[PDB]
S.K.: 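Drug: efavirenz | Macromolecule: POL polyprotein.
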Amino acid sequence: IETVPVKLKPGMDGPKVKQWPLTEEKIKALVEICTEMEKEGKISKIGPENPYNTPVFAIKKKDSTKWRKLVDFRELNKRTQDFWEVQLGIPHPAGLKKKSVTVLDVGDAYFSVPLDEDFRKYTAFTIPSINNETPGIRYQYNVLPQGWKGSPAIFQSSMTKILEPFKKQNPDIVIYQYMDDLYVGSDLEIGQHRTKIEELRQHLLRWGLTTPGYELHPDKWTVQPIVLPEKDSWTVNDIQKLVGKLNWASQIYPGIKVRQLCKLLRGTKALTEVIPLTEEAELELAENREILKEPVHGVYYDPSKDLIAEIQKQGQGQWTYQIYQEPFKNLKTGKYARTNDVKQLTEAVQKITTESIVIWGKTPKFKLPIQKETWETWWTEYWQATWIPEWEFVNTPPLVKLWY
Amino acid sequence: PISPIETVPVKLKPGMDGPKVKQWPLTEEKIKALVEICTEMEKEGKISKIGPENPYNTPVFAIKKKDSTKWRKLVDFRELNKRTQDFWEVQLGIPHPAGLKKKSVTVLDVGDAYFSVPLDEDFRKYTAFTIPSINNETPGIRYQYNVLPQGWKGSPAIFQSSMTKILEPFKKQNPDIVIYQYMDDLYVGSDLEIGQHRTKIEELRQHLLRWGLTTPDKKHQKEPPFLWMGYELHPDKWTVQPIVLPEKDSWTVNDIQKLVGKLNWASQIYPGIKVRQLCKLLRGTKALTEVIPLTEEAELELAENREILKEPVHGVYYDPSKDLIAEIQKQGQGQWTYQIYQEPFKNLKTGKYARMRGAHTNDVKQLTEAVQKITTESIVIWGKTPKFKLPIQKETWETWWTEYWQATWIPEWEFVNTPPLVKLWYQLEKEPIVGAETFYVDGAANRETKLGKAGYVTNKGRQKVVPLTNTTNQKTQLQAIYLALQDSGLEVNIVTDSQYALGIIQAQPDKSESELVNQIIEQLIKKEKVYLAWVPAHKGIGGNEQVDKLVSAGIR
Ligand SMILES: O=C1Nc2ccc(Cl)cc2[C@@](C#CC2CC2)(C(F)(F)F)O1
């Protein structure tokens, strides 16, 4: 077909990111995946006249054994935003976040559309070699690539033709496309939903597009409150911490009255000294916590601002997080629990990212509590998504205290 | 020759046009030179004549070559270059000898490489220079290039790209002949016999000949040793080139540096190399010729290093069918060394880690840092992460990782008792210390003065308030905790309101850059039970309120 002319954000230039070192098997795995993408003519070898580079990795399928190529187009996406967002934007359904949602990988569907011959140089990538004993294999895309948010946008046309029949015959089933994935949601019963899915897989199949699984239940995604203890005992130590956390709960969740519980059994007593109880207190613990159960009044999602995900390590496979646009203005807090610390953190990121895509339709930027070099060395060892969120590394302060 | 090989198309940065630098007049002897030289090249095909219908001109010079027998032709391309397109780097890494597979190795060197390769036609017109005529009279001979000019941006890029495409077939034919191409040279090795090897070599030279690429005859230079990139490679082993310690009277900064440099370079295969004492001496903007008297430790360190180098030590080559074991040893303070091997003690490569990583850090953290570093290095060199052998207890490690705020991993590892063992030098209780004073430390200070009173107050009436001079509002909160530890028992409950103070201590630091913080540590290592709590600073809570009063009142 005719290629959709693509252009970069004027003033900006193609990606020039280095290829992070890979382990033997991921190399061998890729030189095989790319050697076949060459037969099929989806990518072509390139010359030194290409000054560009975008990194790539090999991850494992849905826990199977067939490696997948994962190109990190995180940069080129930015250099292309104007294109994939305003020009050919893809609408997000507010209904999706409301009994079941299946995620289907309509990815292979892009390698069928040519890519503007004038844009292919911007998708160059390199397959490194151990110990640098060899130049290093270079390539570029001739067809729409998979990590590139640009792909969905161009393919957003053909896609509609495919789904159309299925949509016209199921006016109540929601379909959302998001960079490589198709999100199908319905209020039906598991059996009726699950069936309707297969039904869709067949429509897809007729356009040369096989499918998988993986079911999310959005209507049961709930907020993670900021808990307040409730022990029968009570030490000066305990009550102090209680007034410590309640303090925090004020720079957010406006209305948290801590006046009564404060100045409580004060003076200069030993931390141990067990203490009584008050009636203003009994009422303040409850009066406040009740405010802590509900969402922050005054906070609303802002389509123009970035979403941020902050994750704290709670200990014992416990991880707590928060999604917000303006510090301490939580659009949502949550949890994640149940081997390696890195193995769990990446797990949580994807869960969170997935939830973010369903609700706001965009991935958040993670402020990750780990050492940069460590993350980079292993994230791709447990990663299974086809997208890669933005991420900065932070040093979690003595705030793990409160669950937020 | 001029390899038939296709040419790499190239062009100038988009919003730009060729160079047009005027040709400054050269002396008569120089003009003769360039004429004897160019005329020569032209007969070779490396350059061709062009007329005044070529608005592109790049300066030309000549300088006496080796001892001045023959002249050389320097074509200051700086202009063409700043306008040429950016290319893909020639190398983004170097083979580490330790990652090379261990019979026959010889090195062929491409004669006139850059010149034995064609240049994209549509671009030739830009590499047009000119030979002046005895004081700018006659016009001059105009010339352009048909092969890769020397000092040009894309000559290394395009030469390599080609030399690679030319080897592809031969390599495919002999997947048993490892071929590494470093610039103008080609390192070729195999597990054949000196006879069957040289046979292949020829076949290669021939294959190369069929592509305009000329190569040595009996001057193969093969004969390992192989002095390459600082190393001395042999077919069976490797090592750093000869390191020789000057051993002189007085040392200048310039001297201490070159030394630190050989030593760092030696530490790749030589275990034990220490440079902490020597580096110290290089602190503070010091003249490059300034002599520096050696301290005790330095004088000694140079000794131990001198010792480690008296006898040659060689590394061994990598074997894919075996694992990699890496053992890390804690040398002195904040100093770590490690060895990587496959066969017990036949080191593949050595190394040392000393990075600081801010102030406030403890051995477990550092060891995790050294493990990370070594891992990265092993993925690049050997394509896989080694199995570690650490001088830390699985207990000390698990106890430290499961409580820390930061996420931490660490590849398969085993213990190995090689003292000094690693350990946490003190813990912080989770639940208060019943029957044990409760110091409420606090601090403050005037900002447009830098004066503050640090102090505390207990549940036993005690209350001290020592004044400070030139302290930040923080030190006065971190100094109040140092007090609470002095005039305190072997078990104490300190209550601070300095997130800043609570942060530093909470992360069991066992060494620091803050002298106070180091003091606050000795204490902690001496107490027998400490508990740290925080409460809203200056918010007015029973306790902090009271100390806050005699602390802030006056001098605030
Ligand atoms: O894999 C090997 N083995 C090897 C063993 C001994 C010597 Cl000296 C040289 C090599 C070799 C190389 C190289 C250049 C970077 C130094 C060769 F490619 F074979 F030349 O790389």
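The first sequence line is chain A, the next is chain B, and the lettering continues from there. For chain A, we keep the numbers from the PDB entry: what you see runs 1005-1102, 1104-1217, 1231-1356, 1362-1427, in order. Just so it is clear, chain B uses the PDB entry numbers, and the residues here are 1-102, 104-557, in order. Order of listing sets the numbers, starting from 1, for every ligand and every atom in it. Every heavy atom of this structure was used, including side-chain atoms; hydrogens, water molecules and symmetry mates were not.
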S.K.: Which other chains line efavirenz with heavy atoms at under 4.0 Å?
M.R.: B
S.K.: Do you know the source organism the PDB entry gives for chain B?
M.R.: Human immunodeficiency virus 1
S.K.: Could you walk me through which residues contact efavirenz, taking a 4.0 Å heavy-atom cut-off?
M.R.: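 The site of efavirenz, heavy atoms only, is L100(B), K101(B), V106(B), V179(B), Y181(B), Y188(B), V189(B), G190(B), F227(B), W229(B), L234(B), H235(B), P236(B), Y318(B).
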